[PDB]
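Below: the structure, in structure tokens.
Each chain gets a letter, A, B and so on, in the order its sequence line appears, and its residues count up from 1. The entry is not shown in full; contacts are counted within the portion that is. Header says: electron microscopy, 1.7 Å. When a ligand or atom number is given, it counts from 1 through the structure's own listing order.
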Amino acid sequence: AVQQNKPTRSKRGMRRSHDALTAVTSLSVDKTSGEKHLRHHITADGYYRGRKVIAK
Amino acid sequence: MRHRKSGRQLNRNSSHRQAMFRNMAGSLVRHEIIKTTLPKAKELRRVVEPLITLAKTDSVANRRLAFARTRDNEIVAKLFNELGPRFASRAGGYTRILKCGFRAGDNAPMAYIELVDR
Amino acid sequence: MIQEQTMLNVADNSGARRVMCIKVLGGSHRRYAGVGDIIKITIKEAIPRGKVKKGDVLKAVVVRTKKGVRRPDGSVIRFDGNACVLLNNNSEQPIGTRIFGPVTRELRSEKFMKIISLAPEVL
Amino acid sequence: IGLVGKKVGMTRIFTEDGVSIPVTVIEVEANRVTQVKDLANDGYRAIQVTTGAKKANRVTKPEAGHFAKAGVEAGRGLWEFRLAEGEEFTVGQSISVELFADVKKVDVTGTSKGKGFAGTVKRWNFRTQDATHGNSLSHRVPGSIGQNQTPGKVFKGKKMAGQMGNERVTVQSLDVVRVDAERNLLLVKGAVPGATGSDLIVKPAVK
Amino acid sequence: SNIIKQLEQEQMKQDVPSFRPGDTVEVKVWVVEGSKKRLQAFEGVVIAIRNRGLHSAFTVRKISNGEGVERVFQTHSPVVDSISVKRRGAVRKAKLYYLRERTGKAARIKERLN
RNA sequence: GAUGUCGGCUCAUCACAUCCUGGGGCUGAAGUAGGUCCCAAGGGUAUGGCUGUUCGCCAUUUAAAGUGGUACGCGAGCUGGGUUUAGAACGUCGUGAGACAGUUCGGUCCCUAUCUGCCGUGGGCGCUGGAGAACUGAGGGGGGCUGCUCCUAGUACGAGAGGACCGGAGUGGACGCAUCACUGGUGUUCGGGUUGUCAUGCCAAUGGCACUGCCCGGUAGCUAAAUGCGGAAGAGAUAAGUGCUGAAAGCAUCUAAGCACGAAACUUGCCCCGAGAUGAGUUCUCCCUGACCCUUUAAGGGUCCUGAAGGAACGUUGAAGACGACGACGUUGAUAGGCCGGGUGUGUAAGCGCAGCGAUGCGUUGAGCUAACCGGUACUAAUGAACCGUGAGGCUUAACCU
RNA sequence: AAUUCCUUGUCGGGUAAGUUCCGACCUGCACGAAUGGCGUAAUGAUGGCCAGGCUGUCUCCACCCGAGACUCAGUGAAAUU
RNA sequence: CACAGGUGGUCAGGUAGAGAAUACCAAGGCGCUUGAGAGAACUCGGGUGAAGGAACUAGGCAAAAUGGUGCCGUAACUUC
RNA sequence: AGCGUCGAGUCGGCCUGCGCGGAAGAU
RNA sequence: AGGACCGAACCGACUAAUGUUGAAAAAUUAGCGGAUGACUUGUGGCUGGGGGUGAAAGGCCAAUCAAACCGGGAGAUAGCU
Ligand SMILES: C=C[C@]1(C)C[C@@H](OC(=O)CSCCN(CC)CC)[C@]2(C)[C@H](C)CC[C@]3(CCC(=O)[C@H]32)[C@@H](C)[C@@H]1O
Ligand SMILES: [K+]
Ligand SMILES: [K+]
Ligand SMILES: [K+]
Ligand SMILES: [K+]
Ligand SMILES: [K+]
Ligand SMILES: [K+]
Ligand SMILES: [K+]
Ligand SMILES: [K+]
Ligand SMILES: [K+]
Ligand SMILES: [K+]
Ligand SMILES: [K+]
Ligand SMILES: [K+]
Ligand SMILES: [K+]
Ligand SMILES: [K+]
Ligand SMILES: [K+]
Ligand SMILES: [K+]
Ligand SMILES: [K+]
Ligand SMILES: [K+]
Ligand SMILES: [K+]
Ligand SMILES: [K+]
Ligand SMILES: [K+]
Ligand SMILES: [K+]
Ligand SMILES: [Mg+2]
Ligand SMILES: [Mg+2]
Ligand SMILES: [Mg+2]
Ligand SMILES: [Mg+2]
Ligand SMILES: [Mg+2]
Ligand SMILES: [Mg+2]
Ligand SMILES: [Mg+2]
Ligand SMILES: [Mg+2]
Ligand SMILES: [Mg+2]
Ligand SMILES: [Mg+2]
Ligand SMILES: [Mg+2]
Ligand SMILES: [Mg+2]
Ligand SMILES: [Mg+2]
Ligand SMILES: [Mg+2]
Ligand SMILES: [Mg+2]
Ligand SMILES: [Mg+2]
Ligand SMILES: [Mg+2]
Ligand SMILES: [Mg+2]
Ligand SMILES: [Mg+2]
Ligand SMILES: [Mg+2]
Ligand SMILES: [Mg+2]
Ligand SMILES: [Mg+2]
Ligand SMILES: [Mg+2]
Ligand SMILES: [Mg+2]
Ligand SMILES: [Mg+2]
Ligand SMILES: [Mg+2]
Ligand SMILES: [Mg+2]
Ligand SMILES: [Mg+2]
Ligand SMILES: [Mg+2]
Ligand SMILES: [Mg+2]
Ligand SMILES: [Mg+2]
Ligand SMILES: [Mg+2]
Ligand SMILES: [Mg+2]
Ligand SMILES: [Mg+2]
Ligand SMILES: [Mg+2]
Ligand SMILES: [Mg+2]
Ligand SMILES: [Mg+2]
Ligand SMILES: [Mg+2]
Ligand SMILES: [Mg+2]
Ligand SMILES: [Mg+2]
Ligand SMILES: [Mg+2]
Ligand SMILES: [Mg+2]
Ligand SMILES: [Mg+2]
Ligand SMILES: [Mg+2]
Ligand SMILES: [Mg+2]
Ligand SMILES: [Mg+2]
Ligand SMILES: [Mg+2]
Ligand SMILES: [Mg+2]
Ligand SMILES: [Mg+2]
Ligand SMILES: [Mg+2]
Ligand SMILES: [Mg+2]
Ligand SMILES: [Mg+2]
Ligand SMILES: [Mg+2]
Ligand SMILES: [Mg+2]
Ligand SMILES: [Mg+2]
Ligand SMILES: [Mg+2]
Ligand SMILES: [Mg+2]
Ligand SMILES: [Mg+2]
Ligand SMILES: [Mg+2]
Ligand SMILES: [Mg+2]
Ligand SMILES: [Mg+2]
Ligand SMILES: [Mg+2]
Ligand SMILES: [Mg+2]
Ligand SMILES: [Mg+2]
Ligand SMILES: [Mg+2]
Ligand SMILES: [Mg+2]
Ligand SMILES: [Mg+2]
Ligand SMILES: [Mg+2]
Ligand SMILES: [Mg+2]
């Protein structure tokens, strides 16, 4: 099965109207380190909820 | 439908899953913290925590059951001599999962799983 | 749970030994006969001198089934084989004069009271 | 009117004459009248009821003000029952399962269990095609879905695969086996829609 | 849960005897033939037990008038008047479905002597 | 510059010239059972043997086994037996190549769906301040089948033979919805037996591999063969039909005026969807009661302060689920895992001791182990925040109140 | 009849029921003797028919294990128009 | 094509086994150049199935079944 | 006409205008 | 002894499913036939296009066969599109 007519740039754009990405709503701030991080995830420097959980 | 069913298939067959969790349980007991995918970490709790519970009561029978389930006498010794004693007064919850972002190669959600008194 | 093509043993002294169900009677698209239901049969095996012959087409009442019968408390009675009693095609009265093996209380009705009376036990 | 309850599960009642009655156990706690609707204000006659309990932190301010007007504790939801002409109720009144003490049969409404996306075999009792005899990839598939150029379309309501279950279902004319006001229980003969723990609406049988 | 367990507990028989698969049991059941109610005995080998509280059941197999018969009794049913163990059997398995393929000498169960 | 073909399968949909069930007139209609015509399309409307068959014949059912239309409905849905390629043979025709609306054996069925359509399921915006709920019901859909037995009654009817209407009670078939208490299936996540082999130093005990190695059982869940429930009654308006009163037409006449009956069709009643019903409805509750500047004076634009109700997001998740969605829960906490106790299943672990030359048996012991179950329990993970959403909501007119 | 149009010939067998099959009959549309006739043990991934066993082929499907399908990240076609 | 294809010779360990079959291993060599989740329909490849047992179908197609060694025993017909 | 009653029209053909039945189909 | 029997290698290709913009311009998987012979296989050689070769299918002769491929006559001819 294949198209009988070439779909338009308009229709292509309409299909892609749901493709937009969503930015992370907000980042959390660790209470000790002050580092931004994804909520419920450890920081880049290995903190979570103010505790040095992971060294380096 | 999967109503009320437990256990993740993890895109493996039963023999592969069993072997993988035996290996990963060994790794967590040895190192006390490992990094793995978040779903594997959640499944690993159901394998590792019963081994620690078993290890609270040191007997020949329990060491052999632990050996049947781990196949590593270094792991069995650590379970019975170190971890069982360390967790003697703790009613479950011997591990904690800490989410740690996404793997570079495949964007897999990752977590650390560690023993709680590490 | 007897259907077309099911082979049954015979629980009587009609002379038939093996019969095949060729119709479950008593409704359009009716799938199954259980204990106490009337079926159409053909005789597949009969003893040399009986009241019936191989190839005769007649009726039978199912008296024992492997699927069995449920009772009002949830209990089940199951038999090791399927068996029926041959009936005259017109009168629907037993051909034989003796009944072999147990039957069930499901046959206690006016039509089959003769089978109950002849049966060695009723479960 | 009826009452809102919860499906506890199924069991049986043995009678002395050796009948086992399969029963659904429905927990029917006090239904509290939260609003009375009348012709003047609402254009129809009904009671709104709540039952059970909700944690204060999950009760929104709009919900809480509605319950506070009635002078009732917050329950887990709100449901309406239409009133017949002689039926009168007051806001704050509690209605118990004793309502059904002399009711012989009930209709029970619940949300059926959810089967997710179901094929035509399961959803509509379509017959399978041959497992063998040359069948190519078409064992549980639906078969033809229409005719030809006339009408050159599929008709609305065509039975096809899709969401099955997880919908409102009423089972009518179930025997009331026992009304136990002390334990807040209604026992009805036979199965009713939904999973253990789901909400049930129980009404005297319409037929 | 607690509700159902309470509803079930009040219906449970309190004097059900101990028995095991392989035991010979005689079950006396009520038979109502008009106004006449009487006890009928069904004696045979217990081949299966379902332990399930009020929903407990057990399956008894006998060879009756030349025919194998199995009855699944609902243990707490009032139809079952009484259960008595006539012989204790020594078997390994919980479920003795293998006896369905056995007759006569092949179907014998050793007595459990303790 | 291709509109795939007989028959089957799957899935249908319409017509009515009706096969059954419903209503009715006439009968050469006693009854039972028929004949024939009228009304009626709600629902229902065989399985097999033979043959590629459609059909037909036959067997045995059924209330009945309707007739037609839909590309002789349906191959981007299946089949490929028939038919119509290439091989081969028979009969036949032909000197022959070959041929036959003769036969015979063998003989590749492609397509990831763009649009329409259809089944499901979301996102957007709208509905005029915002928000959380409960609804009304325009409208739409589903459902609508029927046997047998008994009673009425061996009554009415009939010479007898036989044998009712009307009305009542029960019990089924088929179909549908739900459910898992029971009976069962499954149950590669539970327990056990066992073959070969390799390993853990060895013994003993275990693990890997051999389709889950092969098996025997089996929890939860899912489930049918399991077991609950359904079709209706009632009402309205009618069809054919039957009438009342009644002239035109002193009579007669169901009809012209007027009035009454009358069917599974129709409108309701039952079940489900349903306010995008843009004609965007209703009810209840909740929230926001700050300054100032500017110009293209306007439903104008901006700045500072403010950020509610609620929402979303994230997390732990669910008998919810393709994803979205929907539901529960987030420490003031049982949301999930673990843990504790129980249940269930398997069927008497290991170790030790005893008996035996030994395989093995016996004791400790209904032991040990035990998933998705039940009852509990903050041990682990569900974070303080942050984010979105604002700051009293247009004009006109009427009525009521200042 | 690998040949018979009429034809599902007729009769018998087998089946509850057999346009096929087997046995006969002869009315050979249009067999027939090395473009061989009629048989024939053995042989055959050969054609037809029947029976026992066996079964999800089917009544009528259910559940389960895996690979896809679905979601996320990376890469990234096609016929057609 | 870093392609389930094709390509002659030589070597020949252990346990079980008639065996170079087959299972498990040794020496030795590999996990096959996308992964991660989820646990719908449907498709593919498999396992089990109550009662029935060819009713399926053009046709038992496919599946299920049988399956080893020793001994006993074995019909018509036959070119023996 | 209906019942000698009875007291005004009545009867049935022809021609012609317009209607009625005859009249069942498939999204 | 054997164009003997059962059965791997080896040589084949009867059935089914898959695949059919394939993993593959003929395969894969489960079954299947031959397997001391009219067997199979390596290397090299010979036969050439109206010609070869053919246990014969118009089969095969470099993914091409009722007359190969390449170049030429050549812009054959085309009352057809
Ligand atoms: C090739 C054409 C086919 C596929 C089949 C065709 O059938 C025939 O043409 C039968 S005669 C040819 C048979 N065969 C070659 C010997 C080729 C199919 C058949 C059935 C008709 C008779 C002619 C029209 C048709 C389209 C519709 C149809 O029914 C087809 C054509 C346009 C179709 O493309
Ligand atoms: K039709
Ligand atoms: K009539
Ligand atoms: K109709
Ligand atoms: K056509
Ligand atoms: K076709
Ligand atoms: K098409
Ligand atoms: K297709
Ligand atoms: K279009
Ligand atoms: K169940
Ligand atoms: K189960
Ligand atoms: K082993
Ligand atoms: K609205
Ligand atoms: K949804
Ligand atoms: K918990
Ligand atoms: K023991
Ligand atoms: K022991
Ligand atoms: K136990
Ligand atoms: K001929
Ligand atoms: K010749
Ligand atoms: K000869
Ligand atoms: K043959
Ligand atoms: K040439
Ligand atoms: Mg076009
Ligand atoms: Mg998109
Ligand atoms: Mg769970
Ligand atoms: Mg994957
Ligand atoms: Mg394995
Ligand atoms: Mg669900
Ligand atoms: Mg079918
Ligand atoms: Mg194919
Ligand atoms: Mg297939
Ligand atoms: Mg159109
Ligand atoms: Mg064209
Ligand atoms: Mg009509
Ligand atoms: Mg209609
Ligand atoms: Mg109607
Ligand atoms: Mg037919
Ligand atoms: Mg057609
Ligand atoms: Mg048609
Ligand atoms: Mg196709
Ligand atoms: Mg088509
Ligand atoms: Mg063909
Ligand atoms: Mg030819
Ligand atoms: Mg409708
Ligand atoms: Mg049913
Ligand atoms: Mg249960
Ligand atoms: Mg079971
Ligand atoms: Mg196991
Ligand atoms: Mg050992
Ligand atoms: Mg190994
Ligand atoms: Mg190996
Ligand atoms: Mg008059
Ligand atoms: Mg009806
Ligand atoms: Mg137990
Ligand atoms: Mg053990
Ligand atoms: Mg003991
Ligand atoms: Mg426990
Ligand atoms: Mg012929
Ligand atoms: Mg003939
Ligand atoms: Mg046959
Ligand atoms: Mg004949
Ligand atoms: Mg013949
Ligand atoms: Mg000849
Ligand atoms: Mg001659
Ligand atoms: Mg000659
Ligand atoms: Mg010859
Ligand atoms: Mg992608
Ligand atoms: Mg590669
Ligand atoms: Mg390669
Ligand atoms: Mg080779
Ligand atoms: Mg090998
Ligand atoms: Mg799957
Ligand atoms: Mg199988
Ligand atoms: Mg199993
Ligand atoms: Mg079965
Ligand atoms: Mg069975
Ligand atoms: Mg059989
Ligand atoms: Mg058949
Ligand atoms: Mg058929
Ligand atoms: Mg086969
Ligand atoms: Mg097989
Ligand atoms: Mg040979
Ligand atoms: Mg070849
Ligand atoms: Mg092969
Ligand atoms: Mg051979
Ligand atoms: Mg061989
Ligand atoms: Mg040729
Ligand atoms: Mg070639
Ligand atoms: Mg030429
Ligand atoms: Mg020239
Ligand atoms: Mg030219």
By the name used in the PDB entry, which chain has the largest number of heavy-atom pairs within 4.5 Å of ligand 1? 23S rRNA
What drug shows up at ligand 1? tiamulin
Neighbouring chains of tiamulin, heavy-atom cut-off 4.0 Å: F
Which neighbouring ligands or ions fall closer than 4.0 Å to tiamulin? none
Which organism does the PDB entry associate with RNA chain F as its source? Escherichia coli BW25113
Which residues form the binding site of tiamulin when counting heavy atoms under 4.0 Å? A2(F), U3(F), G4(F), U5(F), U84(F)
